[PDB]
Peer 1: 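Below: one structure in structure tokens.
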Amino acid sequence: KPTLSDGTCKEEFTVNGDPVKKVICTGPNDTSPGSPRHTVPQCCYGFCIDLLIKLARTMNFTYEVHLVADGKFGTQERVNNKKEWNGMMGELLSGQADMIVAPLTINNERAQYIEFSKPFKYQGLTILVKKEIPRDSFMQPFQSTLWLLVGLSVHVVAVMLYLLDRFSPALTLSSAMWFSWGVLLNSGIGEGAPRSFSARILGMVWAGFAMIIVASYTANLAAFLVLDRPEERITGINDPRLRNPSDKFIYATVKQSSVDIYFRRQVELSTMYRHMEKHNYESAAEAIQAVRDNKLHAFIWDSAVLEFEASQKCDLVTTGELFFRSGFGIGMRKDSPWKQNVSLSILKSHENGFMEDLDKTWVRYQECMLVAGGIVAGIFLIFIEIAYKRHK
Amino acid sequence: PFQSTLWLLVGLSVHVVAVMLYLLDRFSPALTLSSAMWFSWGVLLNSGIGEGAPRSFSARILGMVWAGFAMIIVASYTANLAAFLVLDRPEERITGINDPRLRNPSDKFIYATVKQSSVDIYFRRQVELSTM
Amino acid sequence: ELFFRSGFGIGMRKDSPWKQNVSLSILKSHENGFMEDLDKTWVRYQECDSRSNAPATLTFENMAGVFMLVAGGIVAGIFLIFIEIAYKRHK
Amino acid sequence: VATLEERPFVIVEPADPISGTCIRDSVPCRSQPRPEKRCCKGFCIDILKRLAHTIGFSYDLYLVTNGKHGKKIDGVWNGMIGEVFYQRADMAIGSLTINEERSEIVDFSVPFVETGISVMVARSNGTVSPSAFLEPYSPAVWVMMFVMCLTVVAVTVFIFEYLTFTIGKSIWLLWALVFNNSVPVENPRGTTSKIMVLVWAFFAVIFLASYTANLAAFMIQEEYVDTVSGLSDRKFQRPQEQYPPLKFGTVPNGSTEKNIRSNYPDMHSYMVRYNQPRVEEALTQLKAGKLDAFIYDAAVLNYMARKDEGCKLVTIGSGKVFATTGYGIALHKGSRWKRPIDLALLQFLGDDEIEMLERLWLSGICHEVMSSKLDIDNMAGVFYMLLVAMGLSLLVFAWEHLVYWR
Amino acid sequence: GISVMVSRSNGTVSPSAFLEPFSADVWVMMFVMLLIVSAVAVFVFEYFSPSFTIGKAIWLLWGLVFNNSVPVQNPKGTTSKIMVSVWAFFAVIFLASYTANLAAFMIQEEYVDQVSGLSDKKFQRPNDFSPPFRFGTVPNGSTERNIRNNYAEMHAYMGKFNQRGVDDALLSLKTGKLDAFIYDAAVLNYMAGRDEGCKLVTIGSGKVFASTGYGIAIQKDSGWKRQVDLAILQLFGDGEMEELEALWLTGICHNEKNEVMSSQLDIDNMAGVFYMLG
Ligand SMILES: *[C@@H]1O[C@H](CO)[C@@H](O[C@@H]2O[C@H](CO)[C@@H](O)[C@H](O)[C@H]2NC(C)=O)[C@H](O)[C@H]1NC(C)=O
Ligand SMILES: CN[C@]1(c2ccccc2Cl)CCCCC1=O
Ligand SMILES: *[C@@H]1O[C@H](CO)[C@@H](O)[C@H](O)[C@H]1NC(C)=O
Ligand SMILES: *[C@@H]1O[C@H](CO)[C@@H](O)[C@H](O)[C@H]1NC(C)=O
Ligand SMILES: *[C@@H]1O[C@H](CO)[C@@H](O)[C@H](O)[C@H]1NC(C)=O
Ligand SMILES: *[C@@H]1O[C@H](CO)[C@@H](O)[C@H](O)[C@H]1NC(C)=O
Ligand SMILES: N[C@@H](CCC(=O)O)C(=O)O
Ligand SMILES: N[C@@H](CCC(=O)O)C(=O)O
């Protein structure tokens, strides 16, 4: 976050006291997107920064923190004719720094030039995709053709009553309409008990017609709902879609970092690696912002960063299965005398349970009609019929 | 469905919920015990035999909400019998050769084939599966 | 699931004079469907299958106890009449 | 090297009686006379086999006897650590857990499998959520329908005035239609008035039909429940609480006890009396009912919760792990072997071979709800609604003895 | 071999699905139990305290089993009121289970299917009874040669539906121009398992008719023929062949359990009930 007007760090608090610790932090501002600029003081704080202050207590430090120059993590590359390191690792081997406290994934290429101590946490690699929204549900279980056919059935069967009431060897026509309408709707309106066997023998099963039709109704919603389950979800690596892209499914990662190293050293993982070279994003938030805009179907990136995002936006859901278990770590040169004491003092944090407290503070605890109008849709019926009833 | 305790809890409930209607209307500015016995037993079982409705501005509110109580009991009863008629028989069926029971033998399972047949050739030639 | 797929064949001694003049009749019989007729008259016929997983055709085997409660209520009716009959004169 | 015996990682079996040697896909484990040359295999050993090949050296196995793992007794060690510490052997592979107390006197490689302290408990015989006022469409339809009935009843009364049929009597009819029927009512005789009731019914049937079907959904899927949140839960922290106290009994002599004895001293006062000599004999106690909790490693329990007892034995938190720490290979703190094998282990994670070994040995069967033949009395969702309904009835009842009296 | 793929035909057609819950045994005997208990009430209510007879004994008793909303005339006297009340308890259960089972039967439905095989009368008779039924195949190939030799009657009619290639035929399926495709099986199964929407299926759940196989053609009487075949047989042994198809020939649209994805019931499904009143 940028500084205040006079340069002092802004002040906040947690849910209960415990002031958030902050430290002055220098580095580039506009990320140099072709328009380089000088460094201006800023404020740096959070989970990793909360680790230095604990580390500075038992080791007698006077530390100053400056952000990276370019932005990338680090990767070997050949320049116009040797091999060198860009990103952070260029700065650690060039003597501009002595210790790296940031999310670094330890790997084979990096271990040959710097050591790593012992991990903060453990994680893997997952995929991030958008969600799918379900459907109101009023006229769900029937089709358009059904209503107009069952609806015409009541009147065509009601009239059969009257014909059987004027040839008896005590029902009027108006009451017959009510009795036919009532049984299906399950409502005690008036009295429509008929006489004579023939007129009654229809009334034996006519009520039973209400049973089956209504019975199937509840059957549908039980069937339709629990069995909706749209056929979806990407099941991690080795999915047929990933091995054979159809160019309608674009998936890319962050430039440099580690995933590029992973999908390059494996020879079989060459078809996808060719395709993603044209879509790599040079950030860790633009790609996330891109996925929410449906401009990028999939996204491969680190688990701890991705899982927190899913629990904060309530709009993106992870998937798949973890397939590269590698911890983070703290880096320093092959000759520093802090190798032994730094790595030992991380272990006495897991044993003492300290690293659980930082988890609670910084990661975990940030979890994120038509039928009704149908009752009101019939009000105009009385208004049109208000005068008609008066006339008759 | 349900459970023996619930029915007896319900069976005790109807009598105790019916009586307080009489105590409510009788000492208040036309009902009888049999009606109270009948009215409560009527709604839960959904029968028209119950005749005498309460006549006051305080008995209805207790009675009306009790008409709500009849919705949950029956509706739950239907909604639970569906559970016993969609849930399939639990069993861990043998899935191919990749199952860990095949790869890691146990004294519970016994494996049989036909002697000197093709399966014997197929098995006793691959070292990795040369385990069982 | 099937995990090693092959096929039964007709085996002969190597380099017999019928090596190539038999595997035409096996191979031609597939086109006529003659291999199909032998299949449906010696392999597949009436059976009891999985019938998917679980049907529902309720009957006495499970739905009979409720029919006893109304039967049980039949008897209690006779008892109730006599007590009802006598209690009228007690007033 | 030096190893021990563990069920899924490094397993010891007797030699072939006929040949007198070890079958293929095994390595000869001596069992320090030094008699009875045994055979050993497993997931851990296959790691040793590859590392010997890639780097190149000659090795012979050696099973420890003096104790199991480290426990500082008056400034001297035992077990695997008790042997690497005394130059008797260089490497010590197997089931070894990195900790602060051990990285002082020996070094460790980069861990290759995650572990930690985790809890294991027997599954219930069947459970389901109470879900008071089982959610039809969340607590929003409850608010809106209440106004709608009052809104339409005035509309009914509006046509009543055009025609005693008071509001209190007439509203009652408008409501008893929703909750099925069999509540005697008084329908009005207004011909054009009775029509709106017919449309009102169509709201009732659809609403009631929709509700009963949807409620089957929340009790057809289910997701079980959880019990005892974690280590810091009060059910553990104060064992001398009321009711039959729970039983923990972690196996002694290891990190799974040395951790607790430095952070929860009041825990260790009470857990002591319920010890178990070994691992397997603890599980039968758990299934029989002698104990009700277990504190051990994560890889061992999760594997042991997925082999045969995965039918009804699970781990709290759906696999939650506390104070995470990995396994690893010991060294001599100066053995200069650290640099090559450290690269080798990270090399294996580079490609995907560790997973291939992981899914060959540490595989599973089980992991999903039961029939729930209970409908237990613990519902209380509407019974509480019943009792709270009684109270509101009596509150307005006092108006009978007040308005008339005043 | 030779297979046939057709559209999903939307939801399955399951007529007479209403009667599936319960069985004919209880229905044929439940009804007579009402008549007996109706007579019992006449004996039960004969004494004490208005002419409730067998004429209305059924009508009141028949009303409840079919839910409610049947205007009736109640009996009288505390002697008989108990019987009709305990009869109601029999009405709730019969209703409660029947609904709680029909849906439980409908979820585990099975897909209807349309035609069986090339021997079906629909294929044999192109338009004799049903409206013009549409099918065709790509010529120049092998399946056309088999059709000509053994089914000469249907080879004349199906000449006016020739496609040009596998892709162009598939689009004509969705648009409804064509609704039956007869092509080589090893291509259809791969194609029908890797399509968006999973709306295409092979009849018979993997049905083939004239089983042949692929292969490597070699010049007549070549010296290599003895070694190539032995090499292929070895690939079966080590399982290389049995995992390559997991790399090129897999899909996502699982053809298991015959997933229906709702039925969206129509007029046709409830045909009998519209007949029962008829
Ligand atoms: C855990 O370590 C203790 C430390 O000695 C062991 O305790 C002894 O056990 C042996 C018998 O196994 C006996 O000497 C005594 O009963 C114990 N005390 C002493 C002072 O020796 C204990 O055996 C170890 N636990 C296991 C399971 O091996
Ligand atoms: C007709 N009875 C219904 C019902 C279902 C469940 C419980 C009681 C009842 Cl009354 C009401 C809603 C439509 C479906 C149905 O079966
Ligand atoms: C280092 O830290 C110790 C205690 O943490 C303190 O006494 C000492 O003054 C610090 N500085 C030096 C130079 O030792
Ligand atoms: C590392 O910590 C130990 C702890 O006693 C201390 O003696 C040693 O001097 C520390 N090393 C450095 C380089 O400060
Ligand atoms: C091979 O088959 C042909 C069939 O046309 C037959 O004429 C011939 O005699 C056969 N030869 C042998 C050696 O069987
Ligand atoms: C198929 O064969 C016919 C003649 O047999 C030929 O004219 C035609 O070009 C071939 N290809 C197609 C696609 O019809
Ligand atoms: N063997 C390790 C892990 C197993 C356990 O903690 O019991 C130890 O003794 O600490
Ligand atoms: N599989 C066939 C396709 C042509 C046909 O179906 O006849 C071939 O390769 O020739």
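In what follows, every chain begins at residue 1, and chains take the letters A, B, ... in the order their sequences are listed. Readers should note that the entry appears only in part, and the reported contacts come from within that part. In listed order, ligands and their atoms are each counted from 1.
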Peer 1: Which chain is the largest contributor of contacts with ligand 2 here, and what is it called in UniProt?
Peer 2: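 It has the most contacts with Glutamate receptor ionotropic, NMDA 2D.
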Peer 1: Out of phenacetin, methazolamide, mexiletine, esketamine, which is the molecule at ligand 2?
Peer 2: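 The one at ligand 2 is esketamine.
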Peer 1: What are the letters of the other chains with a heavy atom below 4.0 Å from esketamine?
Peer 2: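 Chains with a heavy atom that near esketamine: A, B, D, E.
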Peer 1: Any idea what name the entry gives to chain A?
Peer 2: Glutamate receptor ionotropic, NMDA 1
Peer 1: What are the numbers, counted from the N terminus per UniProt, of the transmembrane segments of chain D with a heavy atom under 4.0 Å from esketamine?
Peer 2: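 UniProt TM segments close enough by heavy atom: 2.
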